[PDB]
Each structure stands twice: as C-alpha cells, then as structure tokens.
S.K.: 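Structure with nirmatrelvir (bound form) attached for reference.
Chain letters follow the order of the sequence lines: the first is A, the second B, and so on. To match the PDB entry, the residue numbers of chain A are left as they are there, and the shown ones run 1-306. We're sticking with the PDB entry numbering for chain B, so the shown stretch reads 1-306, in order. One-based numbering, in listed order, for ligands and for the atoms of each. Just so you know, these numbers use all the heavy atoms, side chains as well, and skip hydrogens, waters and symmetry mates.
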Number of protein chains: 2
Amino acid sequence: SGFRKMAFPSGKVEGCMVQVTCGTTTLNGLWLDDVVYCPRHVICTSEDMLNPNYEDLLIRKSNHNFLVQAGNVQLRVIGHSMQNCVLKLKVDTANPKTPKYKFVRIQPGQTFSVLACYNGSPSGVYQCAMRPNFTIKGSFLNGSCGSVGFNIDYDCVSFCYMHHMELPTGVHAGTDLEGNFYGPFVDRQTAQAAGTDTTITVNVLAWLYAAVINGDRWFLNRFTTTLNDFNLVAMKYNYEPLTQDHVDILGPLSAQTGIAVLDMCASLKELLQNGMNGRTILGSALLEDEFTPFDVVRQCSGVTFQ
Amino acid sequence: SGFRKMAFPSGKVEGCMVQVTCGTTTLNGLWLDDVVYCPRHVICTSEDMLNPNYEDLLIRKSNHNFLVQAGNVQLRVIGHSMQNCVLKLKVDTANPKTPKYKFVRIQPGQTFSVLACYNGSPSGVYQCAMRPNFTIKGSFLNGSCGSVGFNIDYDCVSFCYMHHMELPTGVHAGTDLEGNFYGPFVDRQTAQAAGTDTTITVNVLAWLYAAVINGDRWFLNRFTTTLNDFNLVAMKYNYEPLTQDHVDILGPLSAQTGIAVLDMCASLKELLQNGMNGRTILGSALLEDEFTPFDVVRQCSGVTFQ
Ligand SMILES: *C(=N)[C@H](C[C@@H]1CCNC1=O)NC(=O)[C@@H]1[C@@H]2[C@H](CN1C(=O)[C@@H](NC(=O)C(F)(F)F)C(C)(C)C)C2(C)C
Ligand SMILES: *C(=N)[C@H](C[C@@H]1CCNC1=O)NC(=O)[C@@H]1[C@@H]2[C@H](CN1C(=O)[C@@H](NC(=O)C(F)(F)F)C(C)(C)C)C2(C)C
C-alpha cells in the first residue's frame, strides 16, 4: 500500500552526465557513445543572448574551444555540429557506460523523471509531467541546463527532454534530444510567455483509481454520466476533454476496482461542482494530475526494470 | 526556481541490491563488500510468522539453504549470522561496486530517499520523512522487504533504513542497518499499531521559507510572537513544540529572506487558526512537513554530490 510521487532509478543516466565548458559558460552534457549532446547556447556570451546568430557563433569556434570533463577525465573534442537547438560534440572516447537508449518525443500529459545536474554532477531526481501548454513545473537553478528527462522501458532508457530555460512564471521549457523545442519557445532572452494551462483529466481519473485501490472511497457515488455530459462540465473548469481512447486506457484500473470509467467521471463531476470540503484524497487537498494511468498500474502492481 | 519532492540519485545504491531466496521466500538484500544484509524473516515460512523463534529457525539452516543472486551471477554463501533483526550473509565475492558508506540511525523529522526494489531489481525512488511515531508513509508491495533508505553526504552513502513490514493503517516500519527497529515494533505477525502522529513544525517552517524564496508571500504578516506563545498554539493543533535549536537551524533561511524565525511563526500561527481558505502554497492546499531545513537549502541553493 501507499502512493508516492515516484521517479525512475537514475543509475543508468548518472553515468552519462558530463560537464561542458565553452568560454566562461559551463553547463551539462549527455555523453552517449562518442557524442556529447548539450544546449547550443553554451556558445553564447552575455552580448549574444538577446539576439544570437548561432550559425555565426558556431563557425567562429574550433574543437579546442570546448572543454568536456567526465569527472576528472578530460574528453578530447574531435568534431562538432549543430542539430536544431542542440550541439553534438564528437569526442575521441566512446562512453563505456552507454546504456541501451533511444530518443523519443513525448506528448502533453505524459510523465518522466528529471535528473537535475550542476557541473556534470547529479544533484537530485524527481518526477514531472509535460503540461498541456508544453512547459514543465520543474525545480532548476543556474547551471542546470543540459539536465535530461527520461523514462525506462525494461532495459531501455528513453530520453525525452533536455533543459534549456526558465520562463518568467517560474516554469521550465526545453527540447527533445533532436533539439526541437517543446512548445512555441526559442533559445534567446526575448519576452516569451507560456499559454494558459489546463488540468489533465485522464490523469486525475487514474489518481482517483489509485485512491480507491488504497482505501479512500468517500468520494464515490452511484451515479453514471456520459462522455458528452462530463466533457460539458469539464470545459467549464478548464479540464481537458475526455476521449474514448482515454476510457480504454483506464480499462485495467476499472477492471481491478470494479468501478466503471463513466461511474468515476460522475464522482469527478461532483468533486468539481461541490469541492472537497476539507477532506483529502491520498493526502492531498487538491486533485492531482501528474500521474498517468501507467504510473498508477506500475506503482500499484510493482513493475521493475533490468 | 521551483520546488519539488526531490530524491537523491540512486546509482550508487542500485549497484548493491541483490535477491535473497531461502525456501519459498524471496526478498531483497544489500551487498556491501563480502556481506549481504537482509531482513531475518527471510528464514520464515507461513507457520512461523505468528510466533517465530529466530534462534531455532536459524540453527536449522545451512549456508546452502540461502540463494543469493546479483542479476544473473549467483553468490556463494560461506557463512551466516544474525544481528538483531537483520541477517548478515557472508559471501565469497566482495562487491566491486561498494561505495564509501556508513550506517546511521536517523531521528524523527529527518528525511531520506527510498530505493524500492523487487527481486533484487530497483523499481523506483522517492523521498520520505521518519514520522514522530517512528513509521514512514512509504509505497511498498509484497516482495519489497530489504529495500533500503539512504542519504548522500558528498561522496558517502549513509544507509539509515531497511524495510520490514506494513502496518494495518497502511504505513511502514523497519530497522536501521544494525537491525534495531525504529519504534516499538517487532518482526512478527501480531497486532501492532502505530501511535498517534504529529506534524513536524520545524519542517513546516522550512517549507514556508521555500515558498517565500519562490515568490509565494500572501500568508506573511507584520506580527511577531514568542516561542512560548507559539508552542501553546501548536500543541492545540498536534504540532511538535518548537525549540531554540530549531530556531538556530532555520538561521540560513531567515538570513536569505530577511524574515525572522519568530515572524514566520506568527504567519504559521495565523494559518493554523484561520486555515488557508482555498489558497495554495507551492501548489499545495495543506501545510507540508516532509522537507527539512537542509532539504530546502539544498534545493534552493544547488548542492551536488561526487
Ligand atoms: C541554463 N543554464 C539556464 C537555466 C535557468 C536559470 C534559472 N533556472 C533555469 O531553469 N538557462 C538560461 O539561463 C536561459 C538561457 C538564456 C536565458 N535563459 C533563461 O532561462 C532566462 N529566461 C528567459 O530568457 C525567458 F523568459 F525567455 F525564458 C532567465 C531570465 C535567466 C530565467 C537562454 C539562452 C535561453
Ligand atoms: C516484505 N516482503 C513485506 C512487505 C509488506 C507487504 C505489503 N507491503 C509491505 O510493506 N513484509 C511482510 O510481509 C511482513 C512480514 C510478516 C508480516 N508482514 C507484514 O507486513 C504484515 N503486517 C503485519 O503483520 C503488521 F501489521 F503487524 F505489521 C501484512 C499483514 C502482510 C501487511 C513479517 C515477518 C513482519
């Protein structure tokens, strides 16, 4: 029993983190085989961040302008190139700790673990979701750029996020590992704002199932609603609309608790209209939307990795 | 910016987890140098759990009754002994991944990371606090026994917790690594209950400072109270009393925000008497007590590890 915001074990990623210095700017890089990936703005100074021309900045650099350290060992850079918003640094030594990996682009509502790093050294691990407005609510200080987000599928690490910047509302924006931004952001110091965020409905439902599995039942009722009646209520409260695909995804949780998806929507419908009235669910007084259906199954059934 | 429930990177611990089988019972063990530590009830069957006599059960075993696997490699057990509630299995191979480590007993209110494991394989990592009633609010399924809790101090892993059991309220109890239980619990299937829990006041204050650092200021006020006036209010709400040592510990956070500890107590005093009234603090509608002052400093200043 119990329910916690659980991250993936980070061992396989810790062995890939390196420190990248170019000029007076130091940040983190990801070392897989003989390539080090890092944010391209490592080649920027202060004069450059308002309106950088990265093609110009890069041609004016040579391999020896880039200092790559894996702990104390220095890595010799033998070639560099730019792919969208990431720099790919070819080095003379392949990382012997390279795990089986792939590069995936995730969708809003999906979750991943973040290994926050400073100077190539891992500082902490935490779980978060990609918000519907393509930002993440992370915890990041100066120097954290190049920290990566990831999932683990059996033995395979899927990298899905590299950190680039903090927006003025205190939320965080970055790229996939091919260097393409999530959301309409750019890596310069211009005036950028996230769009309005919405609550991830399928995730709230998954969390209500986790609560039932763990013995919190007080919000249930006998009513049933329809997909269209629910979605009409959800839009009023800035909740994402629910689709038949979401219903099917919630199947395993419905079967395990004997509570039909559309039954649970009627409970959620009541919670949105009447509030929780000083009661808590799994130790929270707000509705939690950063657990996917698969997170709940994994934590309430006990899937491991190798 | 931002604030997350952050765990320590788990790499150094992942390399020490093994699977221990005795009979039809399999659980996790901790492999440091040539010793494997695991819960002693691995030597129990179903008939034994109501009233086990562990001295009798252990003398009736030999080294070959214990199957230890580190992934696929089998470890040969060359000797065994009991230390309080843990079994120490001497093996013929010293773990080459043994980190610099020590065994520490933590106090109520302190936090640590948990590497949850099944069959020797790491499943997830999460942060929790040792509650004033010596339980932890973990997330654990069947087979998770022998999972460990730990902190990292620079390069040194301090192991502080090994998991043994779930209580009927759904909370979790275990031992330090010398096998001594936290709290008045025993490793048998008798009727045991945790005592009443209290809120960890020094931790709530640290979290309020984190909120100020991150721009949440709405709960502040101009009032100041005394230690005795505050503690008189805290006891009414089942909060731990505040000591001068706690005040001193909150020093760095007071200096960074320019808000005196006793000023912040007056805000907390108001929040306890009037509630939060539909407002949130760092994304929570309840007062959070599982961040120590040191957790806040670490996350809002950016201490790494090597
Ligand atoms: C990478 N090392 C940092 C990470 C930041 C620092 C505070 N927390 C974080 O997540 N990234 C940057 O310094 C990037 C960098 C220039 C500007 N920048 C920012 O994060 C700034 N934000 C923006 O300009 C905005 F609002 F547009 F996103 C800052 C004002 C420092 C928060 C570049 C090249 C994008
Ligand atoms: C170790 N593999 C498990 C971990 C448990 C299973 C569910 N979640 C957990 O944390 N530990 C046990 O099976 C221990 C084991 C006998 C009884 N036991 C329990 O956890 C049981 N609880 C108690 O007997 C109680 F209430 F006294 F704590 C159970 C009913 C299965 C929850 C021994 C030797 C203590």
S.K.: Per the PDB entry, what macromolecule holds nirmatrelvir (bound form, ligand 1) with the most contacts in this model?
M.R.: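 Its main partner is 3C-like proteinase.
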S.K.: Using a heavy-atom cut-off of 4.0 Å (strictly under), which other chains touch nirmatrelvir (bound form, ligand 1)?
M.R.: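 Heavy-atom neighbours of nirmatrelvir (bound form, ligand 1): A.
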S.K.: Polar contacts were defined as any N/O atom of the residue lying under 3.5 Å from an N/O atom of the ligand; does this apply to A/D187 and nirmatrelvir (bound form, ligand 1)?
M.R.: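 A/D187 vs nirmatrelvir (bound form, ligand 1): no N/O contact under 3.5 Å.
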S.K.: Of all the heavy atoms in A/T190, does at least one lie under 4.0 Å from an atom in nirmatrelvir (bound form, ligand 1)?
M.R.: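 Judged by the 4.0 Å heavy-atom criterion, A/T190 does count as contacting nirmatrelvir (bound form, ligand 1).
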S.K.: Select one of side chain, backbone, both or neither to describe which atoms of A/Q189 lie under 4.0 Å from any atom of nirmatrelvir (bound form, ligand 1), heavy atoms only.
M.R.: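 For A/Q189, the contact with nirmatrelvir (bound form, ligand 1) is made by both the backbone and the side chain.
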S.K.: Look at atom 14 (C) of nirmatrelvir (bound form, ligand 1) and say which protein heavy atom is nearest, naming residue and atom and giving the distance to 0.1 Å.
M.R.: A/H164 O, 3.6 Å
S.K.: I'm curious, in chain A, which UniProt domain holds most of what contacts nirmatrelvir (bound form, ligand 1)?
M.R.: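 The majority map to UniProt domain Peptidase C30.
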S.K.: Considering only protein heavy atoms, which is closest to atom 1 (C) of nirmatrelvir (bound form, ligand 1), and at what distance to one decimal place?
M.R.: A/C145 SG, 1.8 Å
S.K.: So if I count the atoms of nirmatrelvir (bound form, ligand 1) from 1 in the order they appear, which ones are less than 4.0 Å from some heavy atom of A/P168?
M.R.: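 So the atoms of nirmatrelvir (bound form, ligand 1) that pass are 26 (F).
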S.K.: A/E166 to nirmatrelvir (bound form, ligand 1): N or O pair under 3.5 Å?
M.R.: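 In this structure, A/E166 places an N or O atom under 3.5 Å from an N or O of nirmatrelvir (bound form, ligand 1).
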S.K.: Quick check on contacts: which atoms of nirmatrelvir (bound form, ligand 1) are under 4.0 angstrom from a heavy atom of A/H163?
M.R.: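 Every atom of nirmatrelvir (bound form, ligand 1) under 4.0 Å from some heavy atom of A/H163: 4 (C), 9 (C), 10 (O).
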S.K.: Applying a 4.0 Å heavy-atom criterion (strictly less than), which segment of A/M49 is in contact with nirmatrelvir (bound form, ligand 1): side chain, backbone, both, or neither?
M.R.: side chain
S.K.: Looking at nirmatrelvir (bound form, ligand 1), is there an atom of it that comes within less than 4.0 Å of some heavy atom belonging to A/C44?
M.R.: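 Judged by the 4.0 Å heavy-atom criterion, A/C44 does not count as contacting nirmatrelvir (bound form, ligand 1).
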S.K.: Look up atom 31 (C) of nirmatrelvir (bound form, ligand 1) and tell me if a protein heavy atom lies less than 4.0 Å from it?
M.R.: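 When distances to the protein are checked, atom 31 (C) of nirmatrelvir (bound form, ligand 1) has no heavy atom within 4.0 Å.
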